[PDB]
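Overview of a structure with imipenem (bound form).
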Amino acid sequence: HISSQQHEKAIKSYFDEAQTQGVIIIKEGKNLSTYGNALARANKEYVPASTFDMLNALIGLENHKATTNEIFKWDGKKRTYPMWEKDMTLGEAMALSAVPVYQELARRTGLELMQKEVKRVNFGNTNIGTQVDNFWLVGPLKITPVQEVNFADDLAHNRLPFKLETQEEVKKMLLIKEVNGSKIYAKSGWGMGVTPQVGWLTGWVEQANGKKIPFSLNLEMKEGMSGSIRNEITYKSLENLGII
Ligand SMILES: *C(=O)[C@H]([C@@H](C)O)[C@H]1C[C@@H](SCC/N=C/N)C(C(=O)O)=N1
């Protein structure tokens, strides 16, 4: 039916219409596909921002710094967003992208064990510097869209070097949507303290029949852009390609 020239044009147009520059990478089996209106972003490094929450949670659970039902208490200080002003589990923090919880979890892990775990997993440029609580927000940790989709593919298939149960626990935190028998698992990201600002949505689709299709959207966020544009472009793309 639909030519690949048309698929490429439809998906480029989604990014064009949002007046941003971005790419979305799809992986089917071993094969990577790059779509969007800025294909060269695919092998450029950007801060992972909140997408790091996935690995942060993996490391924390594996090293017994937390459990999946522990409540991280709000310390009562004003937060950037009122939705963060409450007690929550890692899983709720994952859905709300509650940075203060992931910061508390990074601190419990500590710089030393974090650096080793990040090197061990080979995540991005694997460099976390000297500040345990912000390396994924302002650098020096960086990662490419290709690396992110490969990380997602790894997690989707339990290939990261953590126990199966750790991986399963983190994955259950990432379920964001069901669409005609397809389950979408994803982590969003928005690096507000870098110039320019980077937007992420990294995840996979689990189809009815069990096949898992990893994706990673990467784009430039601009002042007065809605966060849900990351989702809308992703769903439109995955739908255009008949993945969902
Ligand atoms: C991670 O990338 C972010 C951190 C650097 O600030 C958080 C902040 C949110 S913005 C709106 C929050 N609403 C969530 N339900 C965000 C994001 O949308 O990814 N990531």
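Chain A is numbered as in the PDB entry, which gives 32-275 for the residues shown. Numbering of ligands and ligand atoms starts at 1, following listing order. Computation of the quantities below employed the complete heavy-atom set of this structure, encompassing side-chain atoms and omitting hydrogens, waters and symmetry-equivalent molecules.
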- prompt: Which chain accounts for the largest share of heavy-atom contacts with imipenem (bound form), under its name in the PDB entry?
  reply: Beta-lactamase
- prompt: Can you list the atoms of imipenem (bound form) that are under 4.0 Å from a heavy atom of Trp221?
  reply: 1 (C), 2 (O), 3 (C), 4 (C), 5 (C), 19 (O)
task: Could you list the atoms of imipenem (bound form) found under 4.0 angstrom from a heavy atom of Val130?
output: 4 (C), 6 (O)
task: Give the numbers and elements of all imipenem (bound form) atoms closer than 4.0 Å to a heavy atom of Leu168.
output: 5 (C)
Residue and atom name of the nearest protein heavy atom (relative to atom 17 (C) of imipenem (bound form)), distance in Å to one decimal: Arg261 NH1, 3.4 Å
field: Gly258 touching imipenem (bound form) at heavy-atom level, < 4.0 angstrom
entry: no
task: May I ask you to list the atoms of imipenem (bound form) that are less than 4.0 angstrom from any heavy atom of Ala80?
output: 2 (O)
- prompt: When you measure from atom 15 (N) of imipenem (bound form) to each heavy atom in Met114, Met223, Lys218, which option holds the nearest one?
  reply: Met114
task: Look up the covalent bond partner of imipenem (bound form) and give residue and atom, or none.
output: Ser81 OG
task: Tell me which protein heavy atom sits closest to atom 10 (S) of imipenem (bound form), plus the residue, atom name and distance to 0.1 Å.
output: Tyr112 OH, 4.0 Å
- prompt: Which imipenem (bound form) atoms, with their elements, are less than 4.0 angstrom from a heavy-atom of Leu127?
  reply: 14 (C)
query: To the nearest 0.1 Å, how far is atom 8 (C) of imipenem (bound form) from its closest protein heavy atom, and which atom is that?
result: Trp115 CZ2, 3.9 Å
message: Tell me the protein heavy atom at minimum distance from atom 9 (C) of imipenem (bound form), and give that distance in Å.
response: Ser128 CB, 4.3 Å
query: Going by distance only, is there an N or O of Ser81 that falls short of 3.5 Å from an N or O of imipenem (bound form)?
result: yes
- request: Identify the organism of origin of chain A according to the PDB entry.
  value: Acinetobacter baumannii
- prompt: Which atoms of imipenem (bound form) are found less than 4.0 Å from any heavy atom of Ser219?
  reply: 17 (C), 18 (O), 19 (O)
message: Okay, heavy atoms under 4.0 Å: who's in the binding site of imipenem (bound form)?
response: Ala80, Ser81, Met114, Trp115, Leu127, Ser128, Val130, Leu168, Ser219, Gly220, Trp221, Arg261
Check each N or O atom of imipenem (bound form) against all protein N or O atoms and list the pairs under 3.5 Å, with atom names and distances to 0.1 Å, one per line.
residue, atom, partner, partner atom, Å
imipenem (bound form), 2 (O), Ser81, N, 2.9
imipenem (bound form), 2 (O), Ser81, OG, 2.3
imipenem (bound form), 2 (O), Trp221, N, 2.7
imipenem (bound form), 2 (O), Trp221, O, 3.3
imipenem (bound form), 18 (O), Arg261, NH1, 3.2
imipenem (bound form), 18 (O), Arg261, NH2, 2.7
imipenem (bound form), 19 (O), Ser219, OG, 3.0
imipenem (bound form), 19 (O), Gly220, N, 3.4
imipenem (bound form), 19 (O), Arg261, NH1, 3.0
imipenem (bound form), 20 (N), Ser81, OG, 3.3

